[PDB]
Asks: 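What follows is a structure written as structure tokens; I'll ask about it next.
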Amino acid sequence: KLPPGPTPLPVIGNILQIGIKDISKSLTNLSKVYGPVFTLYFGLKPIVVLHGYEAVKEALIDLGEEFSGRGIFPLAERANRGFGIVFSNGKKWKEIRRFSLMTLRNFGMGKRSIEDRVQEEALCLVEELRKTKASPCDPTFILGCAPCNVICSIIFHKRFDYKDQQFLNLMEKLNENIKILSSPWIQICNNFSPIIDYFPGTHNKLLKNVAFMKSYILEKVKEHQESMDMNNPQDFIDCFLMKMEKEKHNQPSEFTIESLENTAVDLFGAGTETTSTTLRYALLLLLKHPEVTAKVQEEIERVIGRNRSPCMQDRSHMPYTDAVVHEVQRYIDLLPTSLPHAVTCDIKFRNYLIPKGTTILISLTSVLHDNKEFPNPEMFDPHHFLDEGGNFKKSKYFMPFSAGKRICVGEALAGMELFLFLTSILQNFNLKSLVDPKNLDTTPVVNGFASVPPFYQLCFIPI
Ligand code: HEM
Ligand SMILES: CCCCc1nc(Cl)c(CO)n1Cc1ccc(-c2ccccc2-c2nn[nH]n2)cc1
Ligand SMILES: CCCCc1nc(Cl)c(CO)n1Cc1ccc(-c2ccccc2-c2nn[nH]n2)cc1
Ligand SMILES: OC[C@H]1O[C@](O)(CO)[C@@H](O)[C@@H]1O
Ligand SMILES: [K+]
């Protein structure tokens, strides 16, 4: 048997029960009726939902290889998304992921470290924030540039100047695509149609934007082929090309110029928006909780001071800051259902039998907002990651990057970006709201499978 669920209607399954508006809350409501493991029907396609820590851990961690598949919907083929890391499966995924992890280690791309790349972006970020000259400002665009340029640095070896038109084009395309991809028409409703694409225009626009990106990446690969130093790979492209020229006696290979372009599009896609949104949300929460900000600044001033950049090494001496970043991620819950999984083979889970390829939906909300691990889980409070002594308290329930075999490839990178960008900002600025802090609402705007902060402005007042 599959896990029990609400009985589907004919030809529409469970669609009309589920509140598309806030899918996570519906899943949670269902869990109160059917328990931690239950089945929903998306017009005949069964979806098993895992809710709560135990179920999620059992599946993602203890039965990891079996739950390592990526769930497929029509959108995957309509936006040509299954050829990188994020939406790939089997051998293509294993190989590209493995390689990408090796390449993305702090020193996996020559002498220049990933941390160096992030540190340079943090100085640039601070500078743009000075240029606002302490006036009101929607930080959206500035905070989005920093992570985008980090990926640029990782892939092409060199960051762009924030005004370089080639950068502004990449960024604009990416924004467009992500905003389109956020629409419930594109994420949900159009997947109800298994064969006919009811938004052919939209997908065309998506693909055109991709092609622009892929074509820019091709220009660079060429440049990288004409300046290849086999002993000194400096970026993700070099590393990929060396992997190719190491596989030439083994075709057909998962490593080709085409998988390089698709993998890089994945890294831009995965690596920008979520980090950007997390940073923006962090500043909103810091505005609203100025005591919190002050405690971070106390750590900064005491451990780091003013005569130098904040580096990772600092993080182990700054538990309060570490707790603040962790708590931002836990509270805001940007991917409440992760990305969909799928079982790779027939598998007995608990006392249910789940057939190979069945889509699994993991509720990360249920873990991050566990009300016993994180009492008052609905409140932002850095103490959720602090012991009674004021030290950092780890949580097995801290899964904003998901868990198991499909855990975010950028976990460590996003971790550096968040810590270095936040510390560098509060090293150099205080934060002043336009409106009254008591009047700001930090509660998240959900629209489908995606959380987002509300709109706000602030002033970056130099110290
Ligand atoms: C705070 C920022 C980020 C968050 C919260 C985040 C979170 C996630 C989550 C939840 C997943 C899905 C895991 C799953 O399928 O179960 C994921 C996948 C991924 N993330 Fe991130 N991510 C972030 C930043 C980044 C960055 C900076 C990169 C850049 C390398 C990146 C690369 C990826 C990739 C490649 C995947 C696909 C992994 C796979 O399916 O095998 N992410 N991320
Ligand atoms: C039809 C093939 C042309 C594809 C295309 N490439 C780009 Cl670039 C544009 C800019 O709008 N477009 C057109 C486009 C037209 C309508 C939409 C759209 C916007 C809101 C709601 C539904 C649609 C839609 N897409 N397809 N049909 N209707 C999106 C892109
Ligand atoms: C100009 C190119 C912009 C990026 C982009 N446009 C499209 Cl279309 C693709 C499809 O993969 N992509 C790549 C992409 C890959 C993964 C994601 C992603 C990664 C982690 C978590 C959620 C997402 C997601 N899926 N849909 N929207 N955002 C977003 C975009
Ligand atoms: O597999 C059964 C098929 O039925 C559909 O739900 C149609 O709603 C598709 O999403 C799925 O592919
Ligand atoms: K049209």
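The residues of chain A that appear here are 28-490 by the PDB entry count, in order. Both counts, for ligands and for their atoms, begin at 1 and track the order of listing. Computation of the quantities below employed the complete heavy-atom set of this structure, encompassing side-chain atoms and omitting hydrogens, waters and symmetry-equivalent molecules.
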Asks: Can you remind me what the drug at ligand 2 is called?
Replies: losartan
Asks: Which chain makes more heavy-atom contacts with losartan (ligand 2) than any other chain, name per UniProt?
Replies: Cytochrome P450 2C9
Asks: What residues contact losartan (ligand 2) if the heavy-atom distance limit is 4.0 Å?
Replies: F226, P227, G228, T229, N231, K232, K235
Asks: Can you confirm whether something in the protein, heavy atoms only, sits under 4.0 Å from atom 22 (C) of losartan (ligand 2)?
Replies: yes
Asks: Can you see any other ligands or ions closer than 4.0 Å to losartan (ligand 2) in this structure?
Replies: ligand 5 (potassium ion)
Asks: Which residues, listed by UniProt as heme-binding in chain A, lie less than 4.0 Å from losartan (ligand 2) by heavy-atom distance?
Replies: none
Asks: Look up atom 10 (C) of losartan (ligand 2) and tell me if a protein heavy atom lies less than 4.0 Å from it?
Replies: no
Asks: Check the entry and name the source organism of chain A.
Replies: Homo sapiens
Asks: Can you check whether a protein heavy atom sits less than 4.0 angstrom from atom 15 (C) of losartan (ligand 2)?
Replies: no
Asks: If I apply the N/O under 3.5 Å rule, does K235 come out as touching losartan (ligand 2)?
Replies: no
